[PDB]
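A deposited model with sotorasib (bound form).
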Amino acid sequence: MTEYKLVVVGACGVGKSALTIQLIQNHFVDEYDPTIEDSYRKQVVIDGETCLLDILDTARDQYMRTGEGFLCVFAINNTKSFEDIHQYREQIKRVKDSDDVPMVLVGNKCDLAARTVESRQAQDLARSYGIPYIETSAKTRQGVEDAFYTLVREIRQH
Ligand SMILES: *CCC(=O)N1CCN(c2nc(=O)n(-c3c(C)ccnc3C(C)C)c3nc(-c4c(O)cccc4F)c(F)cc23)[C@@H](C)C1
Ligand SMILES: Nc1nc2c(ncn2[C@@H]2O[C@H](COP(=O)(O)OP(=O)(O)O)[C@@H](O)[C@H]2O)c(=O)[nH]1
Ligand SMILES: [Mg+2]
């Protein structure tokens, strides 16, 4: 049984914790301590293979060095968090000395109306990085499994 080391990064308040908690426990957390950084484990079957996911919810050096894939999370109603994504990717590139790192761009809070980041904008950013873009709602669970499992499938191409 395989293990995949995943790291969830992005600006404050985008839903890093809510996404991770939704994935693990199938529950939307209305407020989760913004200072709690911890790693969580989750047994999954992905394309017929039993895997143990090891997920760091950032809020650390060891996981950046050995982490195999990163979720770059912004919120679709938080333009600053989207603009911040560049800086998070630059930090990952430095720690990995590579711009060929498994990553998925995640636009969270898709259940909220009147988005300020268009899907097109995010698709264009992900295209420039050569990575997938996936929209999620930690509230409704839409796309949550897709985001984490796609990151696994990106790691497997590596
Ligand atoms: C609401 C609280 C919250 O969720 N936070 C998330 C973690 N975090 C954070 N802040 C931050 O300034 N950097 C960072 C550093 C330390 C240096 C340069 N740039 C940045 C940002 C602007 C990209 C964070 N950097 C990382 C990170 C490192 O250090 C290495 C590789 C990959 C990374 F994502 C990180 F995980 C969190 C950073 C604050 C906002 C609190
Ligand atoms: N409506 C909605 N709210 C969300 C979603 N994800 C997170 N939130 C809310 O956004 C706030 C910040 O979420 P949190 O997980 O703590 O963000 P973090 O700082 O990146 O860990 C919380 O009040 C969450 O309830 C979502 O998909 N939809
Ligand atoms: Mg958090």
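By the numbers in the PDB entry, the shown part of chain A spans 1-59, 68-166. Per the header: X-ray crystallography, 1.7 Å. The figures here come from the full heavy-atom set of this structure, side chains too, leaving out hydrogens, waters and symmetry mates. One-based numbering, in listed order, for ligands and for the atoms of each.
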Practice problem: Indicate which ligands or chains correspond to sotorasib (bound form). | Solution: ligand 1
Practice problem: Write down the name, per the PDB entry, of the macromolecule bound to sotorasib (bound form, ligand 1) with the most contacts. | Solution: GTPase HRas
Quiz item: What is the closest protein heavy atom to atom 20 (C) of sotorasib (bound form, ligand 1), and at what distance does it sit?
Solution: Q99 CG, 4.1 Å
Practice problem: May I ask you to list the atoms of sotorasib (bound form, ligand 1) that are less than 4.0 angstrom from any heavy atom of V9? | Solution: 34 (F)
Quiz item: Can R68 be said to touch sotorasib (bound form, ligand 1), with heavy atoms closer than 4.0 Å?
Solution: yes
Exercise. Measure the distance from atom 36 (F) of sotorasib (bound form, ligand 1) to every protein heavy atom, then report the residue, atom name and distance (to 0.1 Å) of the closest one.
Key: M72 CE, 3.4 Å
Quiz item: How far is atom 10 (N) of sotorasib (bound form, ligand 1) from its nearest protein heavy atom, and which residue and atom name does that atom have?
Solution: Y96 OH, 4.0 Å
Quiz item: Looking at sotorasib (bound form, ligand 1), does any of its N/O atoms fall within less than 3.5 Å of an N/O of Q95?
Solution: no
Quiz prompt | Residue and atom, covalent to sotorasib (bound form, ligand 1) | solution = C12 SG
Quiz item: What other ligands or ions are found less than 4.0 Å from sotorasib (bound form, ligand 1)?
Solution: ligand 2 (guanosine-5'-diphosphate)
Quiz item: Heavy atoms of the protein only: does one fall short of 4.0 Å from atom 15 (C) of sotorasib (bound form, ligand 1)?
Solution: no
Quiz prompt | Identity of the nearest option to atom 40 (C) of sotorasib (bound form, ligand 1), non-hydrogen atoms only, from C12, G15, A59 | solution = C12
Quiz item: What residue and heavy atom of the protein are closest to atom 4 (O) of sotorasib (bound form, ligand 1), and at what distance?
Solution: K16 NZ, 2.9 Å
Practice problem: Find all residues with any heavy atom less than 4.0 Å from an atom of sotorasib (bound form, ligand 1). | Solution: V9, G10, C12, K16, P34, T58, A59, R68, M72, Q95, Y96, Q99, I100, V103
